[PDB]
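Below is one structure, written out as structure tokens, with a few remarks after it.
In chain A, numbers come from the PDB entry; the residues present are 29-293, in order. Both counts, for ligands and for their atoms, begin at 1 and track the order of listing. Basis for what follows: all heavy atoms, side chains included, without hydrogens, waters or symmetry-related copies.
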Amino acid sequence: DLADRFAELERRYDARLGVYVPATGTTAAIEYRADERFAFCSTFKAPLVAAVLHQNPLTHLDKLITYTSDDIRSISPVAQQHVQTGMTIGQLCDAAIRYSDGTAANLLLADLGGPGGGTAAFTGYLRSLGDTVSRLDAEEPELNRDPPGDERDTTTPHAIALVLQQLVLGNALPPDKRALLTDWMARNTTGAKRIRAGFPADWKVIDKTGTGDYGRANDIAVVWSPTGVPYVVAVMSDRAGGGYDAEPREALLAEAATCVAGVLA
Ligand SMILES: *C(=O)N1C[C@H](NOS(=O)(=O)O)CC[C@H]1C(N)=O
């Protein structure tokens, strides 16, 4: 039984674990704490980019965005460099997904616009996809810091997996926008030790990671079998037992994915 295996992992890492894989043709949904809330962390950045793509003509990608020193207030491996030149929307999407740049994310939030620096429009984008559970309330760095249990800035394995399914595999976006999102996620640089480590090499994996305080570590993926059958995999965890400075534990997500890969194979 999968639930027995997920529970052992929780004991091993002193963690809380959530897992969701929607049903397909022939496979039942895999669910474990799938409706408990977990911090989004950097994982909102995948549907944030979709929201931005959806809202604008493709050539909006070429629009140059300028920003300064006081706009850098979280891990931002790409944006820290180009504060002189500015960055285009396309570059910002690229960094937000592949590098989980937080400044890219804040700037895309502002591009989307409206109250909460764009956090209301982000959340309404999710509503339009039938997700009535997720909420974004703060931008970077504040969104990774809410105490354990607190509903702000949370989604559920169940909710984000249905979002991601619509985004990459359904018709939420037109195909040309769909392919852009899909390809940034394919080229992600931060997930090697997460869902990716759980599936064999001949499976395609695309993903968006997240990491936060209280030992938070997440990964949302779409994976394709060697014969091209897709599944959506959402893994979320935290370790409230360590307190604010608990270490996230990637190996936890890689072990849970392997458990899921052995079922799906
Ligand atoms: C996202 O969750 N974050 C932004 C940045 N990169 O995401 S990743 O850790 O999953 O690769 C650093 C960690 C985190 C954050 N604390 O903002």
State which chain has the largest number of heavy-atom pairs within 4.5 Å of ligand 1, named as in the PDB entry.
-> Beta-lactamase
Which drug or candidate compound lies at ligand 1?
-> avibactam (bound form)
Which other-chain residues or nucleotides lie under 4.0 Å from avibactam (bound form, ligand 1), by heavy-atom distance only?
-> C69, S70, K73, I103, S128, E168, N172, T218, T237, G238, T239
Closest non-hydrogen protein atom to atom 12 (C) of avibactam (bound form, ligand 1), residue and atom name please, with distance?
-> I103 CD1, 3.4 Å
Near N172, which atoms of avibactam (bound form, ligand 1) are under 4.0 Å from a heavy atom of that residue?
-> 2 (O), 15 (C), 16 (N), 17 (O)
Could you list the atoms of avibactam (bound form, ligand 1) found under 4.0 angstrom from a heavy atom of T218?
-> 11 (O)
Provide the nearest UniProt active-site residue in chain A relative to avibactam (bound form, ligand 1) and the minimal non-hydrogen distance to 1 Å.
-> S70, 1 Å
Of all the atoms in avibactam (bound form, ligand 1), which lie at a distance below 4.0 Å from a heavy atom belonging to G238?
-> 2 (O), 10 (O)
Which residue supplies the protein heavy atom nearest to atom 7 (O) of avibactam (bound form, ligand 1), what is that atom called, and how far is it?
-> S128 OG, 2.6 Å
Shortest protein contact, atom 4 (C) of avibactam (bound form, ligand 1) (heavy atom only) | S70 OG, 2.7 Å
What is the covalent attachment point of avibactam (bound form, ligand 1), given as residue and atom, or none?
-> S70 OG
Numbered atoms and elements of avibactam (bound form, ligand 1) in range of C69, under 4.0 angstrom, heavy atoms = 2 (O)
Please write down residue, atom name and distance for the protein heavy atom closest to atom 15 (C) of avibactam (bound form, ligand 1).
-> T239 O, 3.4 Å
Any atoms of avibactam (bound form, ligand 1) less than 4.0 Å from a non-hydrogen atom of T237? List them with their elements.
-> 8 (S), 10 (O), 11 (O)
Name the organism the PDB gives as the source of chain A.
-> Mycobacterium tuberculosis
Avibactam (bound form, ligand 1) near UniProt substrate-binding residues in chain A (heavy-atom cut-off 4.0 Å) | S128, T237, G238, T239
